[PDB]
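Snapshot of 9-aminoacridine at Acetylcholinesterase.
Sequence lines set the chain letters: A, B, ... in the order given, protein chains first and strands last, and positions in each chain run from 1. Just follow the structure's listing: the first ligand is 1, and inside any ligand the first atom is 1. What's counted below: heavy atoms across the whole structure, side chains too, no hydrogens, waters or symmetry copies.
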2 protein chains.
Amino acid sequence: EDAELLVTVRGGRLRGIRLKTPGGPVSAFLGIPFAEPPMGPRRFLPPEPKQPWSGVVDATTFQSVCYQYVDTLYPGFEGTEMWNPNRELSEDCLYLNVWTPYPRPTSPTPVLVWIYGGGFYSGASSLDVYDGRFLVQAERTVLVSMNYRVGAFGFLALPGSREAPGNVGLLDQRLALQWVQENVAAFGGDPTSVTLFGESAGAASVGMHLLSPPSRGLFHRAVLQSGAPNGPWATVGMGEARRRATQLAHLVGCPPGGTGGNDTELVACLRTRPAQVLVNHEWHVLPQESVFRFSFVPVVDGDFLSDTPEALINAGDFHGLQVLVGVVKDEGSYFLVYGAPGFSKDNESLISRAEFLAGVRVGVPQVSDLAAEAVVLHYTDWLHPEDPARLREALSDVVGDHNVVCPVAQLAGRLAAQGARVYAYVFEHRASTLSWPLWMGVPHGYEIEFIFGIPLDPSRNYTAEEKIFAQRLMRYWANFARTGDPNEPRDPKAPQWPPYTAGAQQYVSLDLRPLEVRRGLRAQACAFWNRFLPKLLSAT
Amino acid sequence: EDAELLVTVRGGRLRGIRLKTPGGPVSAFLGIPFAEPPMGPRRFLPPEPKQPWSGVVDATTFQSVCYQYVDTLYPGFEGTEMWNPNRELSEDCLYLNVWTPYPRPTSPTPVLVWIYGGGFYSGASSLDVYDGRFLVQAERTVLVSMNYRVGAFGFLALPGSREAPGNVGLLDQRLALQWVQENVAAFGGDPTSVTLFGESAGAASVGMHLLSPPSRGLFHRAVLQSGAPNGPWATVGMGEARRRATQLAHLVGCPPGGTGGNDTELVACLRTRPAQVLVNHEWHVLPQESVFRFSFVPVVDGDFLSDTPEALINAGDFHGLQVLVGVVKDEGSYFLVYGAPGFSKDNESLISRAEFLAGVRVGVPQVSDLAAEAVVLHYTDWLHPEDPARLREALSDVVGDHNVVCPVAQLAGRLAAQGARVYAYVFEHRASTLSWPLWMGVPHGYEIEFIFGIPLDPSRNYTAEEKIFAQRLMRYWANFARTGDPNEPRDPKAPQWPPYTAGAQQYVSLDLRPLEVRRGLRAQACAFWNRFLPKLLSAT
Ligand SMILES: Nc1c2ccccc2[nH+]c2ccccc12
Ligand SMILES: Nc1c2ccccc2[nH+]c2ccccc12
């Protein structure tokens, strides 16, 4: 039994821990170092592989969370605290976790690699909602999740320089993927069947690995949940990245008045500042007030991304690839209480017409006044142009379509039309234990707990129907990891899940009811964002 | 008997004719001269009142149709021939007609005054579909209709000149309205209860009389059917009117060659030309290929209209005015076989996507490429962007909303929100005898025969339900003429017709089925035409 907790990898030996589930035990190896601690002169630098170690590295608990901003707008509120760090913050944070079935698989098993979201400024693999013990037990797969540097530590970019090239957080994920290739077999996992899946910025990170050649060889399938690399928030230009990095330096006293200028002196001054000092000024460098916008994100500089995600998606050859994409029913709802006027999570947020018009400029920042009018045209119900409830749902749709649904829809249609086999879904079940207000419906990120089988946790208060619903979702994700097809391999009685095509645009609804096939991922609204609005911006 | 076929008016004595209907006889006085013949030096000039005459003028048949283009694209086809002139063409055409009940009313009776449409280039009061014998018999009202000069003879304008001031066709209508005030009492009509009604350009004419001070005092209620004065086709600017008048002069050899070209010499040369020669070159002066655009239309010059109809509608106080407005179910359908590529009345007109994109430029002429993209964005169904039947219906909606529905919807909203009581309808019954193809549905102008009680004609082959339906509509129109309210004077048993307001935007469906209340006259589409598109053209 406890001999299963002893595994040797290329770096050395490891001791794991045995976790309990209602259906049996699993073996987890939490806190495996896959990189040298990116500290001191290594801040902002690409990761280096962890040197081999003597003795047995204890891997029985999660390691430290990378330095990140902490949401403190609602102390003690479950809806926000569940995403906050549950371990101490540290720059020594490049650790990964491996869950493997008990008994250990004797034949190679497909591997699921999780990349957490959080706007590229937050997140951790140690969060309770990312506990992979239920997915591994119920579906007999191998699950891996890694920590990657977020915020300035992972994505501050002075493009062209060696001291801070940017995208090192994406290189942290890649190094963890190279680690899975070289070591996941020691846990019973098949390195020839690796499926990346992520949510929010983790879904965008997956898409960027699909578009980066050095990462394409490290996995074979991809799942993008509520995120895409082509969104208006997932990338930033070289000129803007340099300005955001320079503004952060000025706010922390870099350069010292007034000797300084070039990137070497600026980064050297940044590396002497305490990590928390850099965190405390992260939101100051945004150009205007907004929601769903983040300071330090992947930068398009020609290295990791040789072109914009849109350019690479349009010019890509995706034959032989299987992708699973999807969104939740209410992508933009929770963001509204983070900047839109008239919005509060503790009332009904029945905004006025004036508040809706001002909120459009917050949910769609830096666009012209004419473009904002075009947004108001599409999302105003002109039969009830001042109904507060409709204006509330309209602004949520504005933020959700512009940031998630339509970037995902453009990616899915392009992938399916250029070789890849695509499966699309819309998650429509609102968890019974959801602490956010009812009007938010199914907010961004609240399909994850069902994908990871959290309702099976006996200490939670989920319903019996939600546990069955979670098992069906884990079966979908595991079938896709095993064979590239979420449908049961040889089950005709259950309703079937058809692939997504650019012409039929078919997707399924994931809720307590059986599968239901629908068409169009908000085709009318996404024609405005993906087709017309760029023409409106170019002409003006 | 025959004593009621003799009537004296201010100009002299008249002999009418007894017309027969299935319900009873009617006295008709057809072809009453209300103006001096606008011939010779009177061409392009405002009309003079008809001088008194000796003896008895025979008013037993319709007079000559004003010179106009004749639709010869489908010889013998009922759908086009029914609008073509059924009398000789002549510039001596300023005559009107009076239908009065039998026996002649003893107390003053509400008067209906019909103004025919025809794009201001065609039409006549003598058309079979405008026969007022059934409306006068069934509802015992006095019905009047007049001829007005159309085309260049009524609306050629060299603005600022005394020889061709323009809008003389509208002045022909005004003179007929003055004639009704001075003479309709001799027929039993009440000059204090005059309800104007017209269709298409006639409806646009009614709207311009509402916005002209000298005409507003000549009537008390208005019915605008499938037309508005604020449409993109109903008016023209001074500069464009001068260009079209000068182009027409050039096509007929004016100026001769070697002489000046001022307005006095140019109009004098136009007066020497035969009338048919001017008609033959009317279509050769439009700026480009289009549909629902007409060469010589009312001009905005500060005289008849002190400003644009849109400006006057906005700044207008309409308290005390009752208006009935409406449209047919498929306004733009028939126009498509007159210019849009791929369309034919003798097939299904299942156009391709390429033909739809080109047809938008024909249906919406003189707009920028970016504006056309906005039209294509709104009217494309992006779940079926290339379905031929949907594209055919979409281009019909493009032409109909742009030219009729949204101009009418804006007028009705501004009238209601500024003092007037407005009633709105949508005519959704396709006549059983309709010769146009089925895909055209209920084309522009095919509610008129039901308003005039034409199905009651026993020589026609309408169904028994259509006869009952025509009696409902004649009751609606007559009630509105009598009381300003289309609802019965007292009948809560039958479904009611709620007034149109800018907020609720309620209208009724006119078809074989009882009244059904609906909300919004293409509110989403008309928000694009009336609100957004002007902002798009202004910022380009
Ligand atoms: N910080 C948050 C998230 C971070 C990563 C992924 C999903 C998330 N959803 C959230 C939903 C509401 C509030 C905060 C959220
Ligand atoms: N010349 C026409 C019209 C003229 C005046 C009013 C309505 C009309 N509808 C028509 C419908 C089809 C063809 C010609 C038409």
field: 9-aminoacridine (ligand 1): other chains within a non-hydrogen distance below 4.0 Å
entry: A
field: Site of 9-aminoacridine (ligand 1): non-hydrogen cut-off 4.0 Å
entry: A:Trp83, A:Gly117, A:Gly118, A:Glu199, A:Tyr334, A:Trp436, A:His444, A:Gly445, A:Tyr446
- request: Enumerate the atoms of 9-aminoacridine (ligand 1) whose separation from the nearest heavy atom of A:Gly117 is less than 4.0 angstrom.
  value: 5 (C)
task: Taking only heavy atoms of A:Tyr446 into account, list the atoms of 9-aminoacridine (ligand 1) that are under 4.0 Å away from them.
output: 11 (C)
field: Heavy-atom nearest neighbour in the protein, as seen from atom 13 (C) of 9-aminoacridine (ligand 1), with distance rounded to 0.1 Å
entry: A:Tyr334 CE1, 3.2 Å
query: In the protein, what heavy atom is nearest to atom 9 (N) of 9-aminoacridine (ligand 1), and what distance, to one decimal place, separates them?
result: A:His444 O, 2.9 Å
message: Under 4.0 Å from a heavy atom of A:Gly118: which atoms of 9-aminoacridine (ligand 1) are those, numbered in the order shown and with their elements?
response: 4 (C), 5 (C)
- prompt: Which residues in chain A does UniProt mark as huprine W-binding that also have a heavy atom less than 4.0 Å from 9-aminoacridine (ligand 1)?
  reply: A:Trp436, A:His444
message: Show me which atoms of 9-aminoacridine (ligand 1) lie under 4.0 Å from any heavy atom of A:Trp436.
response: 12 (C), 13 (C)
- prompt: When you measure from atom 4 (C) of 9-aminoacridine (ligand 1) to every protein heavy atom, which one gives the shortest distance, and what is it?
  reply: A:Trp83 CE3, 3.7 Å
message: Mind looking up which residues in chain A UniProt says bind galanthamine, and which of those have a heavy atom under 4.0 Å from 9-aminoacridine (ligand 1)?
response: A:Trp83, A:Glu199, A:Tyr334
message: Need the 9-aminoacridine (ligand 1) atom indices (1-based, order shown) with element for anything under 4.0 Å from a heavy-atom of A:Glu199.
response: 6 (C), 7 (C)
task: Please identify the active-site residue of chain A, as annotated by UniProt, closest to 9-aminoacridine (ligand 1), and give its minimum heavy-atom distance rounded to 1 Å.
output: A:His444, 3 Å
- prompt: Short N/O distance, under 3.5 Å, between A:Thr80 and 9-aminoacridine (ligand 1)?
  reply: no
Atom pairs, nitrogen or oxygen, 9-aminoacridine (ligand 1) to protein, under 3.5 angstrom:
unit_1, atom_1, unit_2, atom_2, d
9-aminoacridine (ligand 1), 9 (N), A:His444, O, 2.9

